[PDB]
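In chain A, numbers come from the PDB entry; the residues present are 30-496, in order. Just so you know, ligand 1 is whichever comes first in the structure, and atom 1 is the first atom listed for that ligand. Side chains included, hydrogens not; waters and symmetry mates left out as well; all remaining heavy atoms used.
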Amino acid sequence: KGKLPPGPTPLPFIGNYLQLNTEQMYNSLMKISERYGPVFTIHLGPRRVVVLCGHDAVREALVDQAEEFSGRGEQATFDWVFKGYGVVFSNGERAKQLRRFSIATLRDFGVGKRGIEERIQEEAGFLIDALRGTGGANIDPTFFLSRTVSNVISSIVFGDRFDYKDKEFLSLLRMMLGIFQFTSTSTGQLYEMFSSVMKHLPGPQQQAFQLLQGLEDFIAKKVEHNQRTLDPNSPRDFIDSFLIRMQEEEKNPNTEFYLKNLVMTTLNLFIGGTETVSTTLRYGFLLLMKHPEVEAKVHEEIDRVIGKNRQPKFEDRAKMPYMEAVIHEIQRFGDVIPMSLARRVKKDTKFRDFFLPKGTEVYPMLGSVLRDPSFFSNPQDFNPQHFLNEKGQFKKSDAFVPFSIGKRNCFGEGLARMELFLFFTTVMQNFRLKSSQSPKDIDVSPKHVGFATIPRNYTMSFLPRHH
Ligand code: HEM
Ligand SMILES: COc1c2occc2cc2ccc(=O)oc12
C-alpha cells in the first residue's frame, strides 16, 4: 500500500513528543520499534521521520536504494550555524560539488597517502611526549587526546598544527566538546523537535549557539588571513585550494564556490575531523582499563609485530589482527554517532511496501546495526572476538557501520581509521593504562546519548613500559 511506515499517533506540532524521553531518544525509539517493527514513522515535533532499525532495514535503504536515500536531513543545533551551507548539511548540486572538491582536496593534501601518515606519526610522537610529561600522574585524558587528533585535520585545513599551549586552541576544543555534549543531552534532543520556538528562547541552547559562533568566527578569521597572503600558484592548505577554485569560478554566477561554503565546509571538517575521533579514543582507553586481559593481548601483539623501538606505521595493521579487532570493537561498543546524521528521500520512494514522499527525513539507527543481535553474539558486551574467527584472524562484519554507508557516508573514514590505529597503537606500545579506580568498578555505560554517545568523565595515569 502507498502508505507511510506505521507509528504512534502524533499530536499537532508536538508530534510524538509525549511518547519520547528526550534524555534517551535511542531507547525511546527502540521501544516504539518493539511495537511497530524495524521501520516506523515518528514525529519529532513537526518533523516527520522514518526510523530504520537493524542491519537489514538500514542497509536495504542506504545501500540497496542508495540514490533514493542520499538526501541530507537536518540536525537542528548544527543547522543553526550552517544553514544548509558547507559540505555536511548541504543538499543537491551544492553537496555534490562541495563533496567532490573536499575529497579531492583532502587527497591532494595527503589523505590516504604517505604524507598524512607521516603527519599522524609525528603528532603521535608529540602525544607520547605529553603523556610522559604527566610523570605518570592521574589525569583527565580528554584534552591530551583532542589536541593530538585536532592537529591532524588542522594541519590539512589550516596549513599546520596548533602549539599544545596555545590557549585559543584549547578554547576551540572546549567549544567542540561542548557542542557534542549539548546535542547529546535531553535539551539538545528537545531542540531537535522544537527549534522553531527554542532558538528564540533563553536556555542552554543559546550557550550552545555561541560555541558554534566562536568556531565560525575563528574559521572566518583564518580565511581572511589566508586571503591576504594567498599564492594562487602554491596553496598552503584546504582553505587556499578553495580560495583558488573560488577565484576561478568568479565568473560563474551559479557557482557553489563562494566564501560561505568555504567557511562552513572548513568548519565541517575541523569539527568532524576532531570530536568523533577524540571521543572514540577516550572511550577506547576506558574500555581497555576495564578489560586488562584485552590490553594484555594488545601488548603481546605490539611487542611481537612492532617491538619497542620504531614508530608504529599504518601498514603494521595488516600484521595485527587482534589490535584491528579491538579498534573495531571499540567503535562498535562506543557507537559515537548512534543515529547517524539524518538523510532524506530525494523523491517519492517505495521502500518495503511502504511509501515515503519526497523530502521525508530518515533516521538510520546505526547503534541498532552495531548491536544487531543477529550479527554479534554478545552485542551488549565489549568483546574483540566479535571481530575475529576461531584462528584469531580479523573478521569483517556487514553490521560494522559507525561511519554509516551509502552515497553521503563519511568520507573522513580513511583518515579516521589511520588515526585510530596509529594513536591507539603508539600509546599502547609506550604505556600501560592505570585506572584511578578498580576495573570492576569502572562504569562504561555512557554519560549522555543523543546525537553523540558521550562516555563518563574519568581520570587515569599513563605508566611507561621499560622493565
Ligand atoms: C571515529 C570517527 C568518525 C565517525 C564515527 C564518523 C561518522 C560519520 C557519520 C556516521 C557520518 C554521516 C554519514 C551519512 O550521512 O550516512 C559522517 C559524515 C561525515 N564525516 Fe565523519 N566520522 C568520523 C570522522 C570523520 C573525520 C576524521 C572527518 C573529516 C575529514 C569526517 C568527515 C565527515 C564529513 C565531511 C561527513 C559528511 C559527508 C556528506 O554529507 O557527504 N568524519 N561521519
Ligand atoms: C563533518 O564532520 C561532522 C561529523 O562527522 C560525524 C558526525 C558529525 C557531526 C558534525 C557536526 C557539525 C560539523 O560541522 O561537522 C560534523
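- Here the macromolecule bound to ligand 2 with the most contacts is known in the PDB entry as cytochrome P450, family 2, subfamily A, polypeptide 6.
- Looking at ligand 2, one finds the drug methoxsalen.
- In this structure, residues within 4.0 Å of methoxsalen (ligand 2) (heavy atoms) are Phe107, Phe111, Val117, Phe118, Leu296, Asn297, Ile300, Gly301, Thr305, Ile366, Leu370, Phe480.
- Both criteria (UniProt substrate-binding in chain A; heavy atom under 4.0 Å from methoxsalen (ligand 2)) are met by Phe107, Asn297.
- The contact set between methoxsalen (ligand 2) and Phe480, taken as ligand atoms under 4.0 Å from a residue heavy atom, comprises 7 (C), 8 (C), 9 (C).
- Nearest protein heavy-atom neighbour of atom 2 (O) of methoxsalen (ligand 2): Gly301 CA, 2.7 Å.
- Contact atoms of methoxsalen (ligand 2) toward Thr305: 5 (O), 6 (C), 7 (C) (distance under 4.0 Å to a heavy atom of the residue).
- UniProt lists residues of chain A as binding heme; of these, a heavy atom under 4.0 Å from methoxsalen (ligand 2) occurs in none.
- Heavy-atom proximity to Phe111, at under 4.0 Å, picks out these atoms of methoxsalen (ligand 2): 12 (C), 13 (C), 14 (O).
- Nearest protein heavy-atom contact of atom 15 (O) of methoxsalen (ligand 2) is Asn297 O, 3.3 Å.
- Applying the 4.0 Å criterion to heavy atoms of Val117 picks out, from methoxsalen (ligand 2), the atoms 1 (C).
- Atom 7 (C) of methoxsalen (ligand 2) has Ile366 CD1, 3.6 Å as its closest protein atom, hydrogens excluded (heavy atom only).
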